[PDB]
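Remarks on the structure that follows.
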Amino acid sequence: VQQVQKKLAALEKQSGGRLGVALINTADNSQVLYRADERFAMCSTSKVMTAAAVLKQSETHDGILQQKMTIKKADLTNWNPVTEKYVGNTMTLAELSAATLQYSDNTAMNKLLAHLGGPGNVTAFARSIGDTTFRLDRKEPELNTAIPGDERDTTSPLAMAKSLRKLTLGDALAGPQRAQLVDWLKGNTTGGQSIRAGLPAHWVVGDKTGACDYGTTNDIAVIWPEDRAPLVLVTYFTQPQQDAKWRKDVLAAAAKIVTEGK
Ligand SMILES: *C(=O)[C@H]([C@@H](C)O)[C@H]1CC(SCCNC=N)=C(C(=O)O)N1
């Protein structure tokens with residue numbers, strides 16, 4: 001453990017940024033923490049809490065995931081990998097949730113936010129599940145500024161690890177909703193060079209990445225090591241320069257360091 005600690009600290013010092021790690025081993029509830037209580041900009045990883053809020057509604061509102069929303073050229077933002085393929089057409093909340101989680105579509109994120117009534121409702125949802133750290137303040141793309149010292153749109157590695165666990169393995173969501181979130185996370189197409197890169201290839205993973213200003217490179221995941229109890233891992237990383245380049249490789253190394261031998 002203290003060896004895992006020295007390695008993480010060395011990884012951070014060599015990277016020149018600020019690293020935040022929180023790993024929860026559901027086998028014995030043990031934890032590997034590094035700046036786990038410090039706040040980091042979540043940017044794209046905040047889409048998990050947001051999608052989960054929509055899923056929560058579906059527990060009481062029958063067929064809500066089949067409800068349609070119109071996509072218009074005016075809704076488009078700086079990143080619409082999927083939504084731009086539907087200009088002038090409709091997308092269901094499920095499709096929007098999938099586009100948001102698996103391709104990190106910014107316009108889909110804003111569609112979900114509009115449906116939920118704004119980011120304050122996502123924050124409220126987080127509080128309803130016991131997360132008092134999480135906070136969503138803005139919409140896309142402003143929530144990605146990741147300004148140092150700014151608390152807007154941030155959370156701690158540990159708090160996000162606990163909520164991801166509650167949402168994917170716990171009781172924060174009901175069975176069908178819990179299963180849909182896990183499926184969406186496993187279908188993510190943007191995490192190939194992050195947490196997944198530092199893990200044995202056959203291990204099963206569900207995750208949500210994030211890449212924003214100040215070279216902030218994030219990733220939150222649920223890991224199933226073969227037939228052993230799943231691990232919940234959060235690797236957050238931010239740098240001194242506003243225009244810094246992303247370090248998906250730092251998250252891969254943090255991942256390997258804390259999960260090796262698990
Ligand atoms: C989330 O933090 C941002 C924001 C614009 O919504 C998006 C952008 C990306 S693509 C980053 C790196 N890909 C290729 N070079 C992601 C993402 O999931 O990676 N989130």
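Residues: numbered from 1 along the sequence shown. Looking at the header, which is where the method is noted, we find X-ray crystallography, 2.2 Å. Counting starts at 1 for both ligands and their atoms, following the listed order.
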Q: Tell me the name of the drug molecule at ligand 1.
A: imipenem (open form)
Q: Give, per the PDB entry, the macromolecule that holds imipenem (open form) with the most contacts.
A: Class A beta-lactamase Sed1
Q) Does an N or O anywhere in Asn106 fall below 3.5 Å from an N or O of imipenem (open form)? A) yes
Q: Before signing off on this row, confirm whether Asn78 and imipenem (open form) have an N or O atom pair separated by under 3.5 Å.
A: no
Q) Are any of the N/O atoms in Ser104 less than 3.5 Å from those in imipenem (open form)? A) yes
Q: Pick, from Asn218, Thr209, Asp105, the option with the minimum heavy-atom distance to atom 19 (O) of imipenem (open form).
A: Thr209
Q: Give the residue and atom sharing a covalent bond with imipenem (open form), or say none.
A: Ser44 OG
Q) When only distance counts, is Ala211 in polar contact with imipenem (open form), meaning an N/O pair under 3.5 Å? A) yes
**Q.** imipenem (open form) binding site (4.0 Å, heavy atoms)
**A.** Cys43, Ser44, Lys47, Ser104, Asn106, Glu140, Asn144, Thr190, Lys208, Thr209, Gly210, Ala211, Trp246, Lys248
Please tabulate, one line per pair, the protein nitrogen or oxygen atoms found under 3.5 angstrom from a nitrogen or oxygen of imipenem (open form), with distances to 0.1 Å, or say none if there are no such pairs.
from	atom 1	to	atom 2	distance (Å)
imipenem (open form)	2 (O)	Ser44	N	2.9
imipenem (open form)	2 (O)	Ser44	OG	2.3
imipenem (open form)	2 (O)	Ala211	N	2.9
imipenem (open form)	2 (O)	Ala211	O	3.3
imipenem (open form)	6 (O)	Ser44	OG	3.0
imipenem (open form)	6 (O)	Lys47	NZ	3.2
imipenem (open form)	6 (O)	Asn106	OD1	2.5
imipenem (open form)	13 (N)	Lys248	NZ	3.3
imipenem (open form)	18 (O)	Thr190	OG1	3.1
imipenem (open form)	18 (O)	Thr209	OG1	2.6
imipenem (open form)	19 (O)	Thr209	OG1	3.4
imipenem (open form)	20 (N)	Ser44	OG	2.7
imipenem (open form)	20 (N)	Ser104	OG	2.9

